[PDB]
Amino acid sequence: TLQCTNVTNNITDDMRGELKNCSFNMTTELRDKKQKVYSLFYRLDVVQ
Amino acid sequence: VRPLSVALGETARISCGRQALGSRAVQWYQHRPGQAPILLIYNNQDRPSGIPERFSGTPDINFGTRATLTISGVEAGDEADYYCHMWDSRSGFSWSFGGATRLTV
Amino acid sequence: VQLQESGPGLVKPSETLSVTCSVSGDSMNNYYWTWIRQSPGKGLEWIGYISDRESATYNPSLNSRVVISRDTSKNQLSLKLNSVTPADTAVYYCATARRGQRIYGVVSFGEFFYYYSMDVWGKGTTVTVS
Ligand SMILES: *[C@@H]1O[C@H](CO)[C@@H](O[C@@H]2O[C@H](CO)[C@@H](O[C@@H]3O[C@H](CO[C@H]4O[C@H](CO[C@H]5O[C@H](CO)[C@@H](O)[C@H](O)[C@@H]5O)[C@@H](O)[C@H](O[C@H]5O[C@H](CO)[C@@H](O)[C@H](O)[C@@H]5O)[C@@H]4O)[C@@H](O)[C@H](O[C@H]4O[C@H](CO)[C@@H](O)[C@H](O)[C@@H]4O[C@H]4O[C@H](CO)[C@@H](O)[C@H](O)[C@@H]4O[C@H]4O[C@H](CO)[C@@H](O)[C@H](O)[C@@H]4O)[C@@H]3O)[C@H](O)[C@H]2NC(C)=O)[C@H](O)[C@H]1NC(C)=O
Ligand SMILES: *[C@@H]1O[C@H](CO)[C@@H](O[C@@H]2O[C@H](CO)[C@@H](O)[C@H](O)[C@H]2NC(C)=O)[C@H](O)[C@H]1NC(C)=O
Ligand SMILES: *[C@@H]1O[C@H](CO)[C@@H](O[C@@H]2O[C@H](CO)[C@@H](O)[C@H](O)[C@H]2NC(C)=O)[C@H](O)[C@H]1NC(C)=O
């Protein structure tokens, strides 16, 4: 599950979420430890 | 307010701390203590009539270049505090007036 | 159009604080009127502007408790401050601005933002709270 936030918000336009800034947990290196990563996703590829 | 010590003659380049995040529309202001502030240049290069034709700003092209202001041909009386008003596409309305810049000779 | 400001400079705390500003020279129908307050120890702090639809915007750091009523009969721009704190001692500046437009992409999509430049400034009137 991604914790997406609008890239713009109160930045420009009507607050449209054309881009989302999603942070999630992933297992980098070791399979026990999982660190918090993030990436930019489009609104066409994330389902609330 | 911030410190910036200069001397007579040599040109001075002064920028503002706030960094752009898009296409900027910076404007510079001159706050001489007591007297009302005067607009030096708007649209990063467009000084209004009356301001001496020696203060030149950085044009907006090839995003990345810092917004620095040139006051070449400085005079002895330049003891005011400047002001860089940054307007960019992303940051939204620029309510704040930025940080001042004390001038000393 | 050098504006003249008539400020009392003495307002009791937690009371009404009104500062007037003349226009001088030309009328005020196609110009944006801003108000900037500078306090000792820091720089100026933009408050807001009023023009066009008479919907003046206010700074988000002022709680919008201030109002900017633009008059046309006597051609003045006063300030109504309510619930003012005793630490509002600052010189008020009366100046106007013109609203340019910056474009970076297709303007039909909405790729442009408005920026204001203070073309003219008034000497201002120093007002404190006592
Ligand atoms: C698909 O089709 C669509 C639809 O056709 C296309 O959509 C268009 O896409 C283009 C490209 O993105 C967009 O262009 C942008 O236009 C804006 C606005 O330009 C207009 O307004 C300017 C200013 O107007 C003001 O002044 C005039 C008087 O001069 C006044 O009458 C007016 O009311 C207003 O007050 C005009 O100067 C400008 O003229 C330009 O275009 C003429 C042809 O139309 C040409 O003959 C002129 O010679 C001149 O070139 C035009 O009327 C531009 O501002 C913007 O470019 C600025 O911003 C980018 C962003 O980074 C920057 O890189 C550029 O360098 C430029 O920034 C300069 O200008 C800023 C504003 O003055 C200034 O603040 C900057 O500091 C910078 O100034 C420095 O660099 C310039 C560069 O040479 C230099 O001249 C200066 O002296 C200084 O050194 C974009 O170009 C269109 O808006 C958009 N929509 C439409 C309807 O066109 C789409 O692109 C197509 N896509 C594909 C894939 O095909
Ligand atoms: C997307 O959100 C992340 C937060 O997870 C942003 O990253 C932070 O950005 C601020 C400002 O640049 C920094 O001060 C933080 O240190 C960053 N945190 C991390 C964990 O990187 C990121 O800037 C956002 N990206 C966009 C385009 O909005
Ligand atoms: C990623 O995992 C961390 C935990 O490793 C999550 O943070 C925890 O969130 C819960 C929410 O109820 C808290 O009770 C914990 O105290 C948090 N632990 C921390 C902060 O170390 C985080 O929410 C996850 N992020 C996701 C799934 O996007």
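Convention: sequence-line order gives letters A, B, ...; per-chain numbering from 1. A fraction of the deposited model is presented, and contact counting is confined to that fraction.
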ask   = What does the PDB call the drug placed at chains B and C?
value = 10-1074
ask   = In the entry, what name goes with chain B?
value = Antibody 10-1074 light chain
query = In this deposit, what name belongs to chain C?
reply = Antibody 10-1074 heavy chain
